[PDB]
Enquirer: 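Please read through the structure below; I'll follow up with questions.
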Amino acid sequence: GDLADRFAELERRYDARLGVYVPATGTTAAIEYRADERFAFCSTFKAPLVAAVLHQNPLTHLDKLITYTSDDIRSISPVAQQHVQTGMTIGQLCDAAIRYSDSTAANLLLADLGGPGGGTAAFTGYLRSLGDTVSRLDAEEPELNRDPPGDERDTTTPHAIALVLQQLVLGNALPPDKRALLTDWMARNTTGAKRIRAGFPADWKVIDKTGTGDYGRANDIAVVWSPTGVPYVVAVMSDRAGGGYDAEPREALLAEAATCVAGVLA
Ligand SMILES: *C(=O)/C=C/N[C@@H](C(=O)O)C(C)(C)S(=O)O
C-alpha cells in the first residue's frame, strides 16, 4: 500500500492541499506528505508562543497581571473579552491562547516577548533558536490567518512545526516544569475534538493546538500517546485555496488524515 496515495485521495475528495509530518522515532518511520511545503500557521503558532514566553521568563512570571481594554479585543477572544475589568495573568493568557485559541491572549503574549512587530519578530527568533530556519510570523491576530496563498509571511511547514513541537513537548527545548505546563494546556484544549483527536481511538491520549484561517485553512498539531504510553508528534496542515479566500475549512479532512496516521502507528 502507499499512504501517500491515500493522502492524495483525501486531497481529491476534499478539494484540498494536505500536509502531514510525524517524526520518526526509535520504533517507527516518519510519515511525510507535502511536509516541506509552506502552510499558514494560523493559530497553531500559539503553542510555540507559549513556549517562547515560558522559555524567556521564570515561572513566577505566570502570576504577572496583564491589563487591557475592550479596544484590545481581537477576532476571536472567548476568555479575554470577559476579563477586560480584571485583566488576566500571563498564565491565564497562556491557558486561554492554547485552550480557546484566544487571539487577544496571543497578542498580549506576543507583546510580552517584546520588540518590533509587536512580538512577531521575537516569536520568529524563538523558532530560529529551535533550529527552524523556514517558519516566520509577520502579523498579529487576526491578520496572520489571512495572507494569500504563496505569501511566505506567517507560514511554517509540517516538518518544521512538527520538529518544533517534538522538541517542546517530548524533548528538552524547555525545562521539564515549563514543558509540563505547555503539555497540560494542550492536553486540555477545547477546540480540537473534531480534528486529530477524532482520528485516534479513545484509548490514545491526544494533546493539540488547532488553527483555522482564510483559503479553507485548517491545521492541527498534536502529541499523541499510544495505550502503551508511546508518544508521537502529528502535524496536519490543510487548506482549500483553490476554493477562494472564503473556502470552508474542513475539520473532517484533518480527522481522516489522522485516522490514516493512526492506522500506521497502531
Ligand atoms: C487561529 O487559528 C485563529 C483563527 N482565526 C480565524 C478562524 O477561522 O477561526 C478567524 C476567522 C476568527 S480570524 O478573524 O481569521
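Positions are given from 1 along the sequence. These numbers come from the heavy atoms of this one structure, side chains and all, not from hydrogens, waters or symmetry mates. Counting convention: from 1, in listed order, for ligands and their atoms alike.
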Enquirer: Could you check ligand 1 and tell me the drug name?
Expert: sulbactam (bound form)
Enquirer: Could you peek at this structure and say which chain has the most contacts with sulbactam (bound form)? A name from the PDB entry would do.
Expert: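 By most contacts, it's Beta-lactamase.
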Enquirer: Which neighbouring residues and nucleotides define the binding site of sulbactam (bound form) at 4.0 Å (non-hydrogen atoms)?
Expert: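 Within 4.0 Å on heavy atoms: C42, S43, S75, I76, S101, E141, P142, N145, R146, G211, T212, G213.
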Enquirer: With a 4.0 Å cut-off, strictly under, does atom 6 (C) of sulbactam (bound form) pick up any protein heavy atom?
Expert: yes
Enquirer: Counting each atom of sulbactam (bound form) from 1 as listed, which ones have a heavy atom of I76 under 4.0 Å away?
Expert: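 Selected atoms, number and element: 12 (C).
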Enquirer: Show which atoms of sulbactam (bound form) fall inside a sub-4.0 Å distance from at least one heavy-atom site of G211.
Expert: 2 (O)
Enquirer: Counting only nitrogen or oxygen atoms and a 3.5 angstrom limit, does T212 reach sulbactam (bound form)?
Expert: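 It does: an N or O of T212 is found under 3.5 Å from an N or O of sulbactam (bound form).
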Enquirer: To check your reading of the model: name the closest protein heavy atom to atom 11 (C) of sulbactam (bound form), its residue, and the distance in Å.
Expert: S75 OG, 4.7 Å
Enquirer: Test your reading of the structure: does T44 have an N or O sitting under 3.5 Å from an N or O of sulbactam (bound form)?
Expert: no
Enquirer: Starting from atom 3 (C) of sulbactam (bound form), find the nearest protein heavy-atom neighbour and note its residue, name and distance.
Expert: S43 OG, 2.4 Å
Enquirer: So, is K46 polar-close to sulbactam (bound form), with some N/O to N/O distance under 3.5 Å?
Expert: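 It does not: no N or O of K46 is found under 3.5 Å from an N or O of sulbactam (bound form).
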Enquirer: Please specify which residue and atom carry a covalent bond to sulbactam (bound form).
Expert: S43 OG
Enquirer: Which sulbactam (bound form) atoms are under 4.0 Å away from a heavy-atom of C42?
Expert: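 Answer, ordered by atom number: 2 (O).
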Enquirer: Using a plain distance cutoff, I'd like to know if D214 has any nitrogen or oxygen under 3.5 Å from a nitrogen or oxygen of sulbactam (bound form).
Expert: no
